[PDB]
Structures are given as structure tokens and as C-alpha cells.
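Depicted below, levetiracetam in association with Synaptic vesicle glycoprotein 2A.
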Amino acid sequence: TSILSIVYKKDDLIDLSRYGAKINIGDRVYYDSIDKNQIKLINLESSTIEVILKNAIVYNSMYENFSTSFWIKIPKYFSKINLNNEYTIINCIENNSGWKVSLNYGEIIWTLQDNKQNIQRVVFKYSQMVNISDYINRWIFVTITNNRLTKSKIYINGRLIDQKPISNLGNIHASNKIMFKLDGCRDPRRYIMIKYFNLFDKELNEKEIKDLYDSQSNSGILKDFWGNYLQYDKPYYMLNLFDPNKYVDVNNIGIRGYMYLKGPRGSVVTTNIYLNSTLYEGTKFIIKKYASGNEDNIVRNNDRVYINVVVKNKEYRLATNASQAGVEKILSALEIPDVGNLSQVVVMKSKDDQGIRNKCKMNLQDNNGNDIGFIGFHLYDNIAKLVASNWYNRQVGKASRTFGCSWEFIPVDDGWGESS
Amino acid sequence: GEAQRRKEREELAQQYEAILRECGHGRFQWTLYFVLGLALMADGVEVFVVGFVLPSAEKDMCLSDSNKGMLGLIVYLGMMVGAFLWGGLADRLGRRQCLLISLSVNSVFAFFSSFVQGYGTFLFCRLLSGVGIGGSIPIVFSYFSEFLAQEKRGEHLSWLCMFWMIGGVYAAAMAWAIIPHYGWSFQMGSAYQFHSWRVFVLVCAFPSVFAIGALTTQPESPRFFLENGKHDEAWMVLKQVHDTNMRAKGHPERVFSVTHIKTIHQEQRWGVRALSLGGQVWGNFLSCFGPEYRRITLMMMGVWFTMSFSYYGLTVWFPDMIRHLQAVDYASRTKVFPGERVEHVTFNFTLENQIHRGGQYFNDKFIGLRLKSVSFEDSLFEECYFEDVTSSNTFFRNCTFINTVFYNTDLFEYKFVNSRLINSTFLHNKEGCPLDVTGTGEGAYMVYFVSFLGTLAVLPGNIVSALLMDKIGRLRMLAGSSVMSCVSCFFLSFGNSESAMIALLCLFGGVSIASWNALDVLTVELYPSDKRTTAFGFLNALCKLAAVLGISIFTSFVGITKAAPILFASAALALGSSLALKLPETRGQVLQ
Ligand SMILES: *[C@@H]1O[C@H](CO[C@@H]2O[C@@H](C)[C@@H](O)[C@@H](O)[C@@H]2O)[C@@H](O[C@@H]2O[C@H](CO)[C@@H](O)[C@H](O)[C@H]2NC(C)=O)[C@H](O)[C@H]1NC(C)=O
Ligand SMILES: *[C@@H]1O[C@H](CO)[C@@H](O)[C@H](O)[C@H]1NC(C)=O
Ligand SMILES: *[C@@H]1O[C@H](CO)[C@@H](O)[C@H](O)[C@H]1NC(C)=O
Ligand SMILES: CC[C@@H](C(N)=O)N1CCCC1=O
């Protein structure tokens, strides 16, 4: 049912569908080292991708329904030059007729144009003054459906955002060739990332959109704050989803010391461009592989690892005394060789028992494979102290709403641009 | 009907005067004088507490504008409610009973306010303390009056106003000896803090408790017993006065010759009792506005309102003008540095009262600096670094910040007015109030001294009044002191420095006290014993309302002109004196 499906292969991009669309790539198109299937396009003339379909699959009808889907990552807009600067990123318009997707300051726009030059636009808007954003510099699954008889709808991460009737539009022509290049951007230092572009010749409903979302989400692999793969031997800042205004900190080294959630977070401001919350505050959490036999650095589900903790550019280890009062027992950062038999092993969990994708969670366990429990925080005399407990497991078994067992890993990224 | 009841009151008053003459003046009267003086000292103390604790309570409670003014004005609203309430209740429950209840309420809520952490709760506690203390003056004066013979009533009643000045002096001394120790940071509960001004509040709440303890040992006034149809205990109290007086004299052998005293003939349950009390109090209040007392009541209302308005307006106006003059002198000394280009170098300093304009600092790290009234204008900060910056009354206006970091600084968003920040980071902001709270330092000391001086100004005139009350009269003393108050009000223009303001405050305070004494004595003597506390409390509530109005009006006029306060005070005092000159003479009469 898919007509175009650009996927990575041995140093090239290949169409999965049985049409053999010709693909040509410029000399300045980049690829991520870990996830080469993600494509980086910069604001230059040579950073281009042309895809040429066949004459038998060119959209030239006017009752024909169609859908597109992709994943996009857009960096933060830093200064006022980006304001009122709508620039096209994907174009399929010839003779002033076709479909296109473009980006503006906090906006993703889908545009349809027929031969009578009538424009229909569907927009998704995300703010930039939020403390913590779900869209800024993070991967977004965008799927757009077009029913020529009822409406045209946009879906962000599988949920409907906007919909606009297109029954007035006439016959829509489409180019023989589809564009991938930043066009019309005045900012000379603005880039995007796109991956997993698919085209279908019929309108997707919510069910197929959700299955496509889960299929392309890679639920079996842990993800960081930016949506990229989680890796070993890389420092990550820690974020609690239930309590996102505080950062992980330590006060003393050893069993007598505890790590807690200290706040409030700082802010990064550019005077009506963004008012975001500082993400590089606290103590870095490095992941060390212990029993994962995979050769790659990618952290997968159910991996049993160790968690080093960076205090004054010195590496310590997560451990707790399995035997103390209560179930919600304190976590501590201690010297690497002096740990002995304290519980180190952490199981990384990304998807639930049924296979539904959720955020990153850590399950502390002992040397005997007994679940100490999920890692979270508990308030002891007005201090949010990091604790491993089986209360979260009990709530999960009861299908109740857990409180604080969900964590987020934030590596340092160029698309965020915060000063460390 | 009316004639018989009038004759009964007249004969009862005459026999009561004869009994009081037989008992004579002595130790009992002086003991009751000291007890009621403590009760009045509590009221004198109560009016200074919020004014003395506001400079610390603004920082300790994040008090903004429209909240400091309400805190300053709350004691007078509470007093206005309490004076009327307790004055109405004292003619149906008894002077001593209502005095004990009101003083206990004041003590309880003043103790509660000393530990209260919030603002609205502090407002409620202080309003209730004002309600408790509002009923002190009317009940105390009407209670002391009913033990005095006609030979010396103005003198012995005017001697009772020394304790108000004593309470003012006590408040000033306690503020001077307690508040300046800001180091005291007693910790009971992590979220709560115990500073020195709370200790000052406790020490100011003490005298009300002492007054209650002293008053528990005094008997009810016999006149209230006689009015309400209770004859045995009135006779017992009058006898007790007799034995106390003559045992103190040195003749503990004579016998109380009075055998019978003429007495006014008397003609769900909780709700019924409350309704009956309310109806009776309303009847007393309306009978205060009766055919016999309608000229008197309106003239007393005029005199009370005008004198209270003028006095409280000027009393709150003098310190405000001293503060305004000090602020003007401070702003005259401000230094200005227009333009300065600074390269890579670390900055430490403590700057006071400076304005730097058009600065350009490139890669400058400001470590550990305290700013007091320092303003940066039209400046540009690039790749700067602010660490351990503490600032009061410091603003960054027209400033542009690029790639700067504010680490461990209290430079909140309200300190960047019309500024532009680009790629700037705020990290580990210090705990502080969301808005400005100003700062008061050593300048508090003189304030206490000033208050002390004002209270001392009262000391001479009191003496003179107490030594002359029965010699000239209440009307003449009232008029001759109001006229001098008006003259001193006109003399306000001949002063523009702090010393001149202090001298003018001393002059006005020393002049108006004789008029206040005369008004107290005249209000006591002009009403029957079955309506004395009700009328006195209603007039005192009117006085407190006029105090609120005058304080607001005179504080709104600071720094604008010196003609409006002078005109208002002089006009009000002239009207009050004109109305007072038309009052009847009560000297040389039985307490009827
Ligand atoms: C605001 O900063 C961003 C990110 O730069 C980082 O943050 C700064 C506060 C400072 O600490 C820099 O050293 C950091 O690298 C700027 O965007 C990037 O600027 C660099 C220039 O060094 C450039 O190489 C990148 O390509 C830019 N990235 C993007 C997505 O444009 C931004 O320019 C700064 N704003 C202004 C007005 O200068
Ligand atoms: C503050 O800096 C000056 C020079 O910038 C230096 O001489 C002085 O010693 C510093 N203060 C202290 C307390 O060292
Ligand atoms: C200061 O403000 C004026 C107008 O208020 C403006 O013209 C000027 O540019 C500002 N200063 C700087 C350094 O920009
Ligand atoms: C007890 C004295 C009292 C009064 N009601 O007369 N005073 C004296 C100065 C101002 C005031 O209220």
C-alpha cells in the first residue's frame, strides 16, 4: 500500500516499494553515526535530495485520496531572524500545483494547491516559552491524510491536531519529482533532520496511523530526551517526569550520603524568543554495560547494567543496602572498588508487559535476581530523596498510576545550545 | 412619669455624692488609679507596635504596598469596633466585667499575633487585638469617675492621662532595646523564623496582662449596682471604700453611717439573652440621642471628630515628612558616572547610591558584591558573569545582556525593566521576595528617639492641666488648648529640616494634651451613669474613624505641599474649638 519508502542501505537510500524511484543525493547531506537512517539537511544549495517516481504513480487525479508520513527533528530557534521566515522543506509543486510541507517559527505547515491556485493549509503549532517542551529539538512523528471528499487532517505522534475541509479544491497536479531541501530560509545556520518517509495512495484512519507509529517507534530500544538511541559511556543529565523542576544532586559521598532532587531549575531566555528551563543542571548518569552481549553501544530493553554517577568530574557507582528499614530505601553514590555486595544491577525498561511503549525506567535488583524495585523519589522530612521500591511494581500490577518511576536521559546537544 | 424618674435620679445622685464626700479621698482612690493607669498604659502601648515592627515585617513577610498601609490602619479599625461594642456592653454587664473581657481578648490576640507567620492571619490577629483594646479608655474613665467627689474631679481624672504617655515611653524604650538586634534568629520549626520584632510584640503584649492581674483585685463601681437595682453589693463596695480610706488615714474605728441607699426601681436561651442585650444596648444608644441629650451629643461628636482627625493626621504626618526629607537628602548625594569601557578584569565592591550610565563591559566577572540603590542605565553586558551578587533597590534599565550568566544572584526579573537578554542563563537564584521590599538600617534608632521625644512633649501640659483643671474649668482649658493647637498648626510652615520637624512635633504634642484631657473630663461629666460608657464608647469609635480618615488624608499629602495639612488641621481644630465653646459647664456639680 506504500508507493514511496526511503530507507537507508549500504551507503545509499533505497525505495522499499516495488517502483524503483530514482534517488539522487547532494554532496553535503549528512548521516548520524549511530542511526544512519536519520538524514540531516543543512541550509545550503548542495544539501539536496531528489526522488523521482514513475509516471504511472504521479498524483494527477481529483478524487484520489492520499497520505504521507515521516519523522522530523527541528532545532531550537534562537534569535529574531527566524521570526516570520516560513521556509519549504519538502516540495512536490510544479506549475503552481501540488503538495508541500514547510516550517516556520514553532510551526509545521502542510499546503495543498490545485490548478486554480487555491491554497489549503493545515498547521501544527508548538510554543517555545514552555519550561520543558515535547517538540523542541525532539523527534516528532508527522502523518498527514488527505480525503478529497471530506477533509485534510494532520496527526502529531498519532493524535489529531488540525483538520480543514478541501471539498472546494479542484484537480490537484503533482510533480514528477519530490524535493528534500531547505528552501527560502534566511537563517544560514538552520538545519533539519528527517527519517522514514512514506507515501500511501489512500487516507489513513486513526488505527493504521497508530500501528504505523508503534511499528516505526522502535519500542525495544531505550531513547534519550531528544528521541535518539540510549548509549553506554555517555554522560546524561537526569529528569523526573512527575517532578521536572528539580535535578539529581548529591551532598556526601558514601553510604552516609544520599542523592536527592534539588531545585528549582534555572532558565534560558532570549527576550520573547524562548523562556526554556535549564536542562544541563545536576549530576550526570553514565551507563556501563555489564551483561549485554551486543557489540553495539545501543542500550536495549531488559539490559542489566551499572549506573556511574559524576560528582566533581569523578565517577562513583549507584548502590543501596538491600537490608534497611522499609521498602522505599535510599540510593547512594559510592566509590567504585568499595561497593562489595551492595545492590548495583539495574534493569533498563522501555516498554511495559503488554509491549506498549513508555518512558525510560530503571529496576534495581540484587545479585540473586530479586527485584529491589523501580527507582524513583520519596519525600523524607521535606527532602525528595532517591529510593528504589517495589511500590511502583505493585501499582503496575494493579494498573494504577505510578508516581515518579519514569525518568528521562538528556545528553548535551547542539540543537539545544545551552551553556554548560 | 418622666418627672418622678428624674427626681429619683437627682436624689440618688445627691445621696451618692454625700456618701462619697463622707468616705473621702485616700488610699482606695489611688490604688484604683494605678490599676486603671495600667489598663490605660496597655492602650497607650498598643498604638506603636505595628509602626515599630513594619520595617522588619515587610522583609520577613514579603509585604508589598496596599498591605503595609492596611497593617498600619488595622489597629484603628479594631479600636473603632471594640470601643463601641464594649461601651455598649458596659452599661448592661458592668465596667469591671467588660474591662476584664476586653483586656483578656486584647492579651490573647496580641500573644497570638507574635507567633503568626502569614499576613492575612496577622491582619486578623491585630484587628482582634485592636477590638479588645478599643474599650479601654471609655470604661476606664467612666469607672474611675464613679469613685470621686465633686470637690476635685477634674484634677483626679486628668491625673489618669499620665499613664498613656508612660505607655508610649515604654513602647519606645522596648523598641530601642529589642528591635535593633537583628542577629537573633531563633529557630522553632524549619519553615518558620523567630526574629526580634516578635519579641518586641510579646513585650508590648505584657502590660495588658499586668492590667488584668491588677484589675482582678478591684470591686465593681457602686453606681452601676445602684442603677441596675442591686442595693446590697453597692452598699458593700461603698463601705469597703470607707474602711480602706479611714484605715489608711489612721482612724480605723469609725463606722460607715449610711444604712439605706435609694435605688432605681427595676420594672434558644442564649439567643434570647443575646437579643435582649442587643435590644437594651440599642435602646441606650438611641436614648443617647434623646430630647434631653441631642445638642450635647452632636456637639461632642463634632469636638471628638475634629480633634481626633487633626491630632492623628499631624502625628502620622511628622515622621512621614522626616522620612521624605531624609530621602531627598539621600537622592541629592547620588553619584553619576556617564560612560565607562571595561575589559577583562574581576570585580569586587560595595556601591551605595550610584548611577552608571552607558557602560560597556566585555568579559567581566562580578564576584561577591553588594549593591544599595545602584542603577545601571543604557549599559551593555557581553559574556559577563555575576556570582554572589546581593542587591537592594538595584535596577537594570535599557540594558542588553548577551551570553551572560547569573550564578547565585538575587537579580530577579523585576530588576530588569525594559531590558533585552539574549542567550543568557539564570542559575541557582537566591531565595527572595517576588517584588521590592526596600531596606531600613541604622535609621530606625533615631525614629525611636523621635517617638520618645514626642511622648515627653506630653509631660509638661498634663501636669499643668492636672494642676489647673478645677481652677479655670473644662471648657476654658479645652478652648485655650485647641486655639494653641491651631496656632502651632499654622506655625508648621517655618520648618524644612529634620530638627525643625522634631521641634514642631514636640510643640504640637505638648500643646494638644491639655485639650485632650479637658475633652475626656467633659465627656465623663456630661452623661448620666446609665449611659456614660455607651456614649463614651460611641464617641471613641467616632474618634478612631476620624483617626483612620485623617491618617489616610495626611499620609497622602506628604511630599506634595505643606499647605494642605496645615489648612486641614487648622480648619478642623478651629471648628472643634468653636463647637466646644458652646458646651454646658459641668464644674462644681454632682456626678449626675
Ligand atoms: C545563542 O546560542 C546558540 C548556541 O550556541 C551555544 O550557546 C551560546 C550561549 C554559547 O555558549 C555558545 O558558545 C554555544 O555554542 C547559537 O547558535 C549556534 O551558534 C554557533 C556559534 O558558536 C554556531 O556554530 C551554531 O551553528 C549555532 N546553532 C544554530 C542551530 O544556529 C546562537 O547563534 C546564539 N544566538 C546569538 C544571537 O548569537
Ligand atoms: C578585591 O579586588 C581588588 C582588586 O580588584 C583586590 O585588591 C582586593 O584584595 C580584593 N578583595 C579582597 C578581599 O581580596
Ligand atoms: C536607551 O534607550 C533609548 C531610548 O529610550 C535608546 O534610543 C537607546 O538605544 C538605549 N540605549 C542603548 C545602549 O541601546
Ligand atoms: C487617654 C488619652 C487619649 C484620649 N482619649 O484622650 N488620647 C490622648 C492623646 C490622643 C488620645 O487618643
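Per chain, numbering begins at 1; letters A, B, ... match sequence-line order. Just follow the structure's listing: the first ligand is 1, and inside any ligand the first atom is 1.
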Legend entry - Drug placement: levetiracetam: ligand 4
Legend entry - Contact chains, levetiracetam, heavy atoms < 4.0 Å: B
Inset, instruction - Check the entry and give the organism for chain B. - result: Homo sapiens
Inset, instruction - Identify every other ligand or ion with an atom closer than 4.0 Å to levetiracetam. - result: none
Inset, instruction - State which UniProt-listed transmembrane segments of chain B, numbered from the N terminus, hold a heavy atom under 4.0 Å from levetiracetam. - result: 4, 5, 7, 10
Legend entry - levetiracetam binding site, heavy-atom cut-off 4.0 Å: B:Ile137, B:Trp164, B:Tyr311, B:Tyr312, B:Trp516, B:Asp520
